[PDB]
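Below is Lanosterol 14-alpha demethylase with R-econazole bound.
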Number of protein chains: 2
Amino acid sequence: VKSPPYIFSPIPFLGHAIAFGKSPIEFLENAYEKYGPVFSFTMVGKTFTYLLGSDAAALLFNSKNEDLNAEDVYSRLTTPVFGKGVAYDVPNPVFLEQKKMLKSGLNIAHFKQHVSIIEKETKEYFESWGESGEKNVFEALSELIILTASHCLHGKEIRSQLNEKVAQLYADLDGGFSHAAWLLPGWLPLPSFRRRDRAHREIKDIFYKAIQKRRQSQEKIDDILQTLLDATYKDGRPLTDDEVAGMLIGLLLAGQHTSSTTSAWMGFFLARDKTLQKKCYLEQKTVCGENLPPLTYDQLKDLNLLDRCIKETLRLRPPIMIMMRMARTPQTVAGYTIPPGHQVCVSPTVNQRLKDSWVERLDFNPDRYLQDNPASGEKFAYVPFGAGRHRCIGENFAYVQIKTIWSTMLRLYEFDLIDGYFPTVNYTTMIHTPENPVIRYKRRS
Amino acid sequence: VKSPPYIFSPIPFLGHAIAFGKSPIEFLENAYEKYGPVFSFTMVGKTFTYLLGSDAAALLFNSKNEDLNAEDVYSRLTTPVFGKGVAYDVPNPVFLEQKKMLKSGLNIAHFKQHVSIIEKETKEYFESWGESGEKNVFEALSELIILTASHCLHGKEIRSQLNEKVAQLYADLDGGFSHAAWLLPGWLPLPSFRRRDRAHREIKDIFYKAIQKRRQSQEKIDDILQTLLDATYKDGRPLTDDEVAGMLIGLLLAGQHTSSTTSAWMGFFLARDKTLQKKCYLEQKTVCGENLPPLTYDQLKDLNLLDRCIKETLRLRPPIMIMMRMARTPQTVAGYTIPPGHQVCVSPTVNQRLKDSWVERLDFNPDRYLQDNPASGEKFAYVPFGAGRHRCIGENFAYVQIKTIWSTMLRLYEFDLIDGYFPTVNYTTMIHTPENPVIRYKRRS
Ligand SMILES: OC[C@H]1O[C@@H]2O[C@H]3[C@H](O)[C@@H](O)[C@@H](O[C@H]4[C@H](O)[C@@H](O)[C@@H](O[C@H]5[C@H](O)[C@@H](O)[C@@H](O[C@H]6[C@H](O)[C@@H](O)[C@@H](O[C@H]7[C@H](O)[C@@H](O)[C@@H](O[C@H]8[C@H](O)[C@@H](O)[C@@H](O[C@H]1[C@H](O)[C@H]2O)O[C@@H]8CO)O[C@@H]7CO)O[C@@H]6CO)O[C@@H]5CO)O[C@@H]4CO)O[C@@H]3CO
Ligand SMILES: OC[C@H]1O[C@@H]2O[C@H]3[C@H](O)[C@@H](O)[C@@H](O[C@H]4[C@H](O)[C@@H](O)[C@@H](O[C@H]5[C@H](O)[C@@H](O)[C@@H](O[C@H]6[C@H](O)[C@@H](O)[C@@H](O[C@H]7[C@H](O)[C@@H](O)[C@@H](O[C@H]8[C@H](O)[C@@H](O)[C@@H](O[C@H]1[C@H](O)[C@H]2O)O[C@@H]8CO)O[C@@H]7CO)O[C@@H]6CO)O[C@@H]5CO)O[C@@H]4CO)O[C@@H]3CO
Ligand code: HEM
Ligand code: HEM
Ligand SMILES: Clc1ccc(CO[C@@H](Cn2ccnc2)c2ccc(Cl)cc2Cl)cc1
Ligand SMILES: Clc1ccc(CO[C@@H](Cn2ccnc2)c2ccc(Cl)cc2Cl)cc1
């Protein structure tokens with residue numbers, strides 16, 4: 001019995017909070033060099049054990065939630081935002097159920113409907129960018145995705161009510177996943193704490209009556225909202241209007257931030273690699289034809305390069321940069337015993353660019369998958385949607401949304417860096433944001 | 001007319017204070033990769049232009065003090081500590097004559113006195129270390145250097161006044177070389193500013209009566225103190241008591257911090273490379289005789305390996321990490337004009353470890369000089385003592401001190417790392433200080 005290498009720190013309480021805050025990826029890779037796949041360090045009077053590489057990460061992915069707990073760590077931030085009796089508020093077994101329900105709502109039939117829906121929103125949104133210029137993609141994209149994710153995941157009724165004042169109510173809920181909300185106790189009245197709660201009431205308010213306007217009209221609609229309203233536990237019990245509104249919040253935020261960032265990033269990887277951009281456009285005409293008809297689900301599958309570009313964006317810029325659990329009981333990896341109390345973490349970012357396995361690691365090269373790579377050679381080197389019990393459910397949908405949008409976009413414009421500036425990464429927010437994401441765009445010929 | 005490349009910061013007043021603060025070598029090397037030999041950034045209101053590599057740094061080394069000015073940057077820190085009328089308190093031509101007088105004292109005849117003085121001091125000091133154990137070398141060495149430096153640079157009388165309190169006064173003096181003291185204005189009543197001012201007045205006092213005593217008694221002693229007392233500007237004017245006492249302070253602070261740090265790291269480099277350490281010990285027998293008699297100045301020139309070990313230590317661990325100047329008139333390098341007002345900088349650390357010029361840059365290898373290297377091959381790739389109007393005058397004395405000390409130390413002990421630990425660098429204060437610099441030692445065979 002031996003516990004992980006511990007990284008001592010001179011600072012009394014902060015610990016590594018400043019160095020890790022600067023560049024977490026730099027911090028963690030160096031730590032990998034000095035100490036290996038398994039190490040501990042303290043930050044803000046908290047101890048963290050990291051697991052790097054596929055083998056060590058296996059601990060986290062394979063374990064049972066009674067052993068590595070996700071509520072113990074996520075709940076602080078989630079419950080105030082999403083709502084009571086949903087996500088990390090309920091026992092895991094109850095949550096597995098809520099997932100199985102949502103998952104059902106993400107099936108080919110619904111995606112088929114989504115493609116055109118998304119393609120419309122994209123075309124219409126960009127009517128105000130005209131023929132050329134230099135604008136903020138990340139800003140645009142997150143505005144559009146809030147629109148597309150809404151139409152798809154919240155149905156027509158709710159989407160038609162998305163104005164500026166609702167956009168703000170969501171933006172107030174973004175300010176819940178913060179530095180301060182994780183450490184400080186929920187009785188210190190920071191401005192954000194207050195707004196996060198205000199918007200939660202105001203938005204559940206909107207969902208409350210929008211639910212029932214569908215709970216009534218006999219107009220048979222087959223969408224995500226419908227699925228939820230019709231679904232049922234092993235109990236037989238249906239979801240209360242509270243539960244339903246709850247998981248509507250989860251759906252919008254999860255499905256909105258993770259796609260915007262990714263989409264936004266791919267824009268720059270594509271504008272930087274101009275030939276790779278043109279082969280993406282060429283692939284569009286090959287798979288869809290010169291006339292370029294509207295898009296259908298069936299065409300997406302044959303957009304292989306585009307798929308590998310998305311797979312490559314997610315490799316280098318995974319929206320979920322870290323994943324965490326509380327050790328409720330002692331766990332063993334690489335001969336080390338992690339003591340109950342440590343917060344265990346894995347970083348897809350580190351794993352997916354690790355030197356031992358990713359050849360030309362910092363290169364944006366979608367052709368890497370047409371070779372030998374750890375994404376197939378190994379179980380947990382490529383993990384942008386996680387693995388095991390806490391596995392993502394949105395991957396199908398996320399690919400649908402990003403695929404359609406970028407297809408449509410490559411059809412509308414050609415994109416270039418401004419003076420050859422490729423955005424750097426900001427860590428001020430959990431949200432993996434690109435520095436100064438303004439892009440040059442001219443009409444496609 | 002092109003100004004240097006500018007690295008932007010989002011953080012408003014601070015700038016890069018934290019990124020640079022935590023790892024300046026990393027920050028600067030990274031910068032060098034992205035931006036080139038010349039670039040600029042701002043920190044705490046101030047703007048810096050760094051000149052990395054032999055060619056960029058040539059601008060600073062060659063420049064006149066009218067154009068690139070030392071006083072403007074150094075004087076706030078310096079004058080309260082060394083005193084008025086000396087170093088940066090006076091016009092540069094005045095200071096050059098003082099450098100000249102200080103040089104005249106650092107000659108072969110005095111060095112021959114220093115050798116046996118240092119040897120005896122070292123043997124006496126380490127008696128308390130005993131046959132083996134685990135002590136903090138950096139403390140030991142700094143304690144010791146203070147005794148050897150005084151003995152050589154102040155003389156026998158002043159040395160015999162060196163008790164705990166006087167040592168404590170000198171430490172209050174260094175407190176003046178603070179992060180804080182360069183930034184915040186001098187009219188603030190911080191604890192350290194008071195400490196410094198008080199201890200300045202008390203050392204000056206000790207030096208006053210000491211100067212007057214030697215000025216009196218007719219015993220003819222030929223040391224450095226007397227060189228100063230017998231010295232004279234082109235004026236024909238002798239030094240006022242306050243001028244002598246001033247440079248005597250500057251002499252000990254200079255001759256102390258720089259040697260102690262260098263000897264500390266050398267210690268750890270030789271503890272890591274045991275086979276190198278052994279070769280150094282053998283050299284002592286080969287050069288000085290198997291009998292190992294008392295060290296002489298002539299023997300010092302012959303310890304070539306020990307020589308290159310010091311040189312190699314200075315390469316990786318120069319105690320003056322950065323040289324700085326204020327731009328008064330506009331200056332051009334690599335096609336860029338540094339606007340007046342910028343603080344122009346060179347890092348020896350960075351120049352001495354630069355990828356494109358050093359084979360195995362991070363490697364402690366004293367033999368690298370027996371091949372082809374930038375020390376001999378470029379002009380300014382190797383500059384631990386600087387170059388130009390502001391060149392160091394203390395190099396020879398510094399080698400004498402560090403040779404004699406390490407010669408005697410090797411004869412006394414075999415040194416080792418504790419549990420494989422090599423001290424990492426502590427940058428908080430600008431001096432390369434070793435983290436937890438405790439060494440294992442045992443009696444030499
Ligand atoms: O020896 C070099 C070491 O010295 C410096 O550390 C000082 C530091 O500045 C201060 O923070 C303070 O430390 C106090 C500390 O803050 C408190 O957390 C506590 O420490 C206890 C730990 O909480 C507890 O974990 C346990 O520690 C044991 C470890 O759990 C166990 O893993 C093992 O540790 C070994 C590591 O596994 C291994 O990696 C290696 O450690 C290297 C470090 O990673 C590296 O950072 C460095 O450490 C420096 C440090 O930078 C200095 O600031 O070098 C190490 C290379 O050897 O080796 C570790 C064992 O040496 O064993 C430890 C116990 O030995 O108990 C500790 C207390 O022992 O209280 C601390 C009060 O001292 O002071 C330290 C001491 O100099
Ligand atoms: O892509 C640009 C940039 O976007 C972000 O920057 C924002 C920043 O966070 C805010 O602080 C603010 O900027 C204010 C700034 O802080 C003030 O100093 C001032 O800026 C003026 C300068 O003081 C002045 O020097 C001059 O700048 C000219 C330079 O002198 C000249 O050398 C050249 O600069 C180019 C460099 O030579 C070249 O290396 C390259 O620099 C890269 C940066 O290092 C990199 O960080 C990135 O910057 C992002 C940044 O990360 C965001 O935070 O861009 C470069 C990569 O190519 O490029 C430089 C530009 O070509 O030219 C400039 C003139 O443009 O003028 C500026 C006034 O613009 O005022 C600012 C008040 O807004 O806002 C910015 C918003 O972008
Ligand atoms: C590119 C897009 C996305 C990426 C990269 C992504 C990533 C992830 C990751 C890494 C996890 C695991 C977290 C952990 O184990 O702690 C996860 C889980 C999850 N995701 Fe996503 N996600 C994306 C989009 C979505 C979408 C669109 C939805 C909803 C439709 C969604 C809903 C969920 C849910 C319900 C979980 C499970 C939480 C649990 O069981 O603890 N995600 N996702
Ligand atoms: C390990 C030993 C030493 C090293 C590495 C070292 C390094 C340096 C450097 C880099 C400079 C140039 C500063 C600049 O250009 O901004 C300098 C200058 C100087 N040093 Fe040293 N030094 C050492 C020892 C000494 C000693 C022992 C003395 C006293 C005998 C001394 C006295 C001086 C003086 C008077 C200057 C000139 C200041 C000026 O003209 O601006 N140094 N030294
Ligand atoms: Cl309906 C729903 C229910 C639960 C989640 C958990 O979402 C993830 C983020 N995420 C985004 C997309 N897929 C995952 C998450 C949220 C908050 C925290 Cl503190 C930690 C994590 Cl890992 C998401 C949607
Ligand atoms: Cl008598 C005497 C007079 C002047 C100096 C110059 O001292 C250097 C450090 N140093 C130490 C040994 N050789 C140089 C220095 C002093 C102050 C500042 Cl703010 C910055 C620097 Cl780089 C040294 C001795």
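Reminder, nothing fancy here: chain letters follow the sequence lines and each chain counts from 1. Order of appearance sets the numbers: ligands from 1, and atoms from 1 within every ligand.
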Ligand numbers or chain letters for R-econazole: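 Look at ligands 5 and 6.
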Chains in contact with R-econazole (ligand 5) (heavy atoms under 4.0 Å):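 Those with a heavy atom under 4.0 Å: A.
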If you take the residues UniProt annotates as binding heme in chain A, which of them have a heavy atom under 4.0 Å from R-econazole (ligand 5)?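 Short answer: no UniProt residue has a heavy atom that close.
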Which residues form the binding site of R-econazole (ligand 5) (heavy atoms under 4.0 Å)?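 By heavy-atom distance, those residues are A:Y74, A:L77, A:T78, A:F82, A:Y88, A:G250, A:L251, A:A254, A:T258, A:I320.
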